[PDB]
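The structure to be discussed contains cyclothiazide.
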Amino acid sequence: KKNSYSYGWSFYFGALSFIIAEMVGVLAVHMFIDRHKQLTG
Amino acid sequence: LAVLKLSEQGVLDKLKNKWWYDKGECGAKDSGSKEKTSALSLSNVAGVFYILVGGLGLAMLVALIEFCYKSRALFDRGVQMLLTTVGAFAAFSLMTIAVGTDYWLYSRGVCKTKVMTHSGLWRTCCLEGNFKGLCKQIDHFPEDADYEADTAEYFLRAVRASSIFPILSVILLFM
Amino acid sequence: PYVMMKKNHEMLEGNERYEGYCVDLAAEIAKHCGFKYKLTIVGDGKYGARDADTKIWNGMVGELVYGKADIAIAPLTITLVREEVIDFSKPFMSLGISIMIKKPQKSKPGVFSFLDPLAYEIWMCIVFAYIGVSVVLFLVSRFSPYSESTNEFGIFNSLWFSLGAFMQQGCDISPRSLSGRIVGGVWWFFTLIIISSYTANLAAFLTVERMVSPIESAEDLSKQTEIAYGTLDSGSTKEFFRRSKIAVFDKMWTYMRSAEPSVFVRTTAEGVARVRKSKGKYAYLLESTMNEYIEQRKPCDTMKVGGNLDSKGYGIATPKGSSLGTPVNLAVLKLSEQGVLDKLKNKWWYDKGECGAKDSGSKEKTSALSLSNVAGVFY
Amino acid sequence: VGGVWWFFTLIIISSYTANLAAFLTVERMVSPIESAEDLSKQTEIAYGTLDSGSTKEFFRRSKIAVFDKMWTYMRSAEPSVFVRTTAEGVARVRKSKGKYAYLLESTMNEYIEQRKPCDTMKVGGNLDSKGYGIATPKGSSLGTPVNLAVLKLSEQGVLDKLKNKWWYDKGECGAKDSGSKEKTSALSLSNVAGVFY
Amino acid sequence: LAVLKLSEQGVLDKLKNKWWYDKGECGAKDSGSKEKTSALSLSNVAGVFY
Ligand SMILES: NS(=O)(=O)c1cc2c(cc1Cl)N[C@H]([C@H]1C[C@H]3C=C[C@@H]1C3)NS2(=O)=O
Ligand SMILES: NS(=O)(=O)c1cc2c(cc1Cl)N[C@H]([C@H]1C[C@H]3C=C[C@@H]1C3)NS2(=O)=O
Ligand SMILES: NS(=O)(=O)c1cc2c(cc1Cl)N[C@H]([C@H]1C[C@H]3C=C[C@@H]1C3)NS2(=O)=O
């Protein structure tokens with residue numbers, strides 16, 4: 001058919017939940033870099 | 001009696017599919033069979049040239065401001081840990097708002113439990129019906145002999161039905 | 001080629017003047033029957049028929065009925081109204097209505113036919129965008145004094161990075177700054193679409209060229225309105241589409257009635273010239289043995305397609321009740337089983353031919369993408 | 001040298017992938033491996049006639065160099081290509097996988113193609129011409145109403161009507177019947193087995 | 001006169017749409033366009049993501 005399905009705002013906020021959790025994750029890795037740096041440096 | 005005679009002998013159908021078609025000078029039936037090749041014009045791929053020149057000006061722009069920021073002249077565990085916490089419950093907010101919400105999809109559908117239908121992950125409802133604000137929550141819809149002829153997609157429908165994956169997104173984000 | 005005269009026809013006298021298929025056919029019968037044959041062109045110059053305005057026969061059959069003719073060895077088709085008034089033997093040659101179309105021109109690819117799945121405006125804009133990216137990639141990497149010696153990207157490297165990126169081989173150097181990877185990354189998305197479009201468009205050319213079929217039946221002539229078809233305006237071919245019940249030829253008749261360019265032509269040689277003018281857009285309906293001889297004459301650019309949609313036959317005619325009819329009838333059956341009618345056919349239609357026959361051959365000759373398609377890349 | 005050679009391999013490998021995409025899509029038929037003359041040249045492709053019949057008498061009574069080669073070749077031929085009946089001769093074609101062909105009347109050849117097991121083709125035209133005819137005795141009192149009737153059926157199209165109806169509509173199978181369908185084919189191992197070798 | 005009266009008031013339209021469809025509930029034209037599978041959708045290549 002001419003399928004009229006469109007994604008509401010709840011779908012994109014889960015996508016914005018994805019990208020921030022990917023950003024919080026790599027900042028957590030960047031902090032795991034530094035806590036090893038005070039441990040050894 | 002003569003009109004009914006012409007139709008049984010087929011004449012009314014004979015005089016029609018002859019006349020409209022054979023005295024028809026042009027038609028989609030006449031011209032539909034031919035098929036020849038087409039070289040790609042520039043307008044088929046013109047957007048890729050637009051993004052390319054847009055990528056060039058964007059490259060020169062950030063090269064300019066990275067240079068000027070160095071000539072004129074974010075690194076501390078303190079506020080970075082605090083901004084991580086602000087980013088932490090924000091991801092916890094945007095997902096937990098999303099799951100309970102019935103606005104995952106805008107579509108067409110009927111909600112009367114036996115139309116600008118908004119369907120959702122755990123609750124699918126309807127809007128712009130005969131009456132707004134009613135919900136028909138559905139999973140494992142009845143198929144041919146309780147679906148059992150196929151084995152593959154029932155595991156894929158049960159993951160949609162018993163939706164562990166948005167929940168395990170929340171639970172790992174909660175832990 | 002049935003009866004002709006040589007160019008020195010005034011130099012010669014009588015039966016020696018004439019050459020042709022019926023001329024030797026008259027010669028082979030007199031050897032097997034024992035009569036003195038004198039060739040005579042009909043003074044009217046028409047095939048035999050009857051018009052009921054005065055109820056008078058015309059042409060060669062009219063000379064047969066009235067008494068001018070003892071025999072009519074001719075392209076005289078055995079019909080019903082002719083059989084009632086004059087005798088025919090068994091037919092000596094078989095034929096039918098067939099299609100004459102201009103032969104498709106010889107497929108000659110250009111040396112730059114590999115550049116053809118994209119337009120010339122695209123390859124011009126690729127090379128223009130090649131220069132524009134490489135100069136931007138040079139300006140970005142060496143923009144700053146702070147470094148300059150660390151970047152390996154000169155102009156002579158930057159034209160090489162955009163060259164290896166486009167041909168997808170990959171270059172040894174790679175950008176390291178943020179803005180250097182922007183100009184490098186977008187051009188990588190550019191070369192993904194263009195190369196994948198070039199391949200899929202080339203697959204679309206070779207698919208359709210493998211699908212395009214010739215026209216090899218009268219119904220196949222009827223289903224397509226690209227190529228137009230016409231007959232004689234006065235002839236037994238025109239009568240045939242009217243006197244047939246079959247709906248394929250009936251819509252081929254009503255097409256000839258109601259096509260706004262009139263498809264009917266006055267004679268045969270006018271219809272031959274219409275095949276030459278329309279550049280392969282015009283089909284022509286005529287007898288088969290006329291269609292075989294015309295494609296064997298220069299400029300050789302016509303051809304026989306399909307098969308005989310009906311059948312007719314040319315017959316040797318005698319007047320009704322004449323004594324010649326039975327020994328002629330034994331002579332026609334004698335010439336056929338000795339392959340004389342085979343030999344006289346193969347000689348007149350082919351040795352006075354020398355146009356090529358079935359030079360295309362297989363349609364899968366172009367299956368293997370031969371060297372003439374991509375010889376320009378080697379150049 | 002490195003720049004132009006890269007533009008070489010871009011064109012060739014894209015043309016290699018494009019031409020496979022034309023083959024695997026369009027299943028054009030095998031080119032019909034002989035014609036009238038080509039059956040005479042390819043001596044590995046045997047061809048057989050009836051041991052006593054109209055086709056046997058024709059090739060010996062021929063002054064054409066092509067057919068004289070055909071009568072010479074079947075003369076010194078092994079194994080024996082002379083057949084007893086047509087049902088034996090038609091069977092020798094389907095079991096020999098195209099190595100053996102059969103020379104027969106055009107009427108029987110169009111009929112065998114429409115009957116089961118459906119695995120034959122009529123390639124080329126007629127080599128000679130013959131005709132079936134309604135026969136009356138010498139001194140017939142009805143021969144003249146007969147031959148006028150035969151010419152009447154052809155002008156009204158009935159002889160052509162009774163033929164293209166009968167051979168086709170009572171034809172159980174045919175290449176015209178089955179030619180239109182086209183479905184996909186996954187590549188088997190034997191398509192690319194040489195690359196593993 | 002009654003048959004011509006029922007047709008122009010859409011009664012024969014209404015009695016058709018009711019009996020053939022409300023005692024129906026099978027789907028009609030669920031396939032729709034043939035170019036729905038033109039775009040190579042996610043269900044074709046979801047296994048690669050898996
Ligand atoms: N399809 S058509 O227009 O050619 C066409 C249309 C019609 C035909 C015959 C033909 Cl050929 N006959 C019918 C008639 C047969 C009986 C049923 C309705 C009347 C009486 N009328 S119709 O339904 O108006
Ligand atoms: N080769 S050809 O088409 O000129 C040709 C045409 C014909 C031939 C033989 C040849 Cl070789 N004989 C047939 C046969 C039917 C009866 C008339 C002649 C023989 C007996 N007639 S035909 O159909 O007129
Ligand atoms: N094509 S066919 O076999 O159906 C067919 C073959 C023939 C037909 C008619 C038909 Cl329909 N009539 C002709 C006849 C018409 C005149 C020419 C030859 C005889 C007298 N004989 S034929 O050439 O043997």
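Proteins come first, then strands; the chains are lettered A, B, ... in the order of their sequence lines, and each starts at number 1. Indexing begins at 1, ligand by ligand and atom by atom, following the structure's order. This deposition comes from electron microscopy, 4.0 Å. Excluded from the calculations below are hydrogen atoms, water molecules and symmetry mates; all remaining heavy atoms, backbone and side chain alike, are included. Only part shown; contacts counted inside that part.
- Every copy of cyclothiazide included, the relevant parts of the model are ligands 1, 2 and 3.
- The chain in largest contact with cyclothiazide (ligand 2) bears the name, in UniProt, of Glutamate receptor 2.
- At a heavy-atom cut-off of 4.0 Å, other chains contacting cyclothiazide (ligand 2): C, D.
- Between cyclothiazide (ligand 2) and the membrane-spanning segments of chain C, as UniProt orders them from the N terminus, heavy atoms never come under 4.0 Å.
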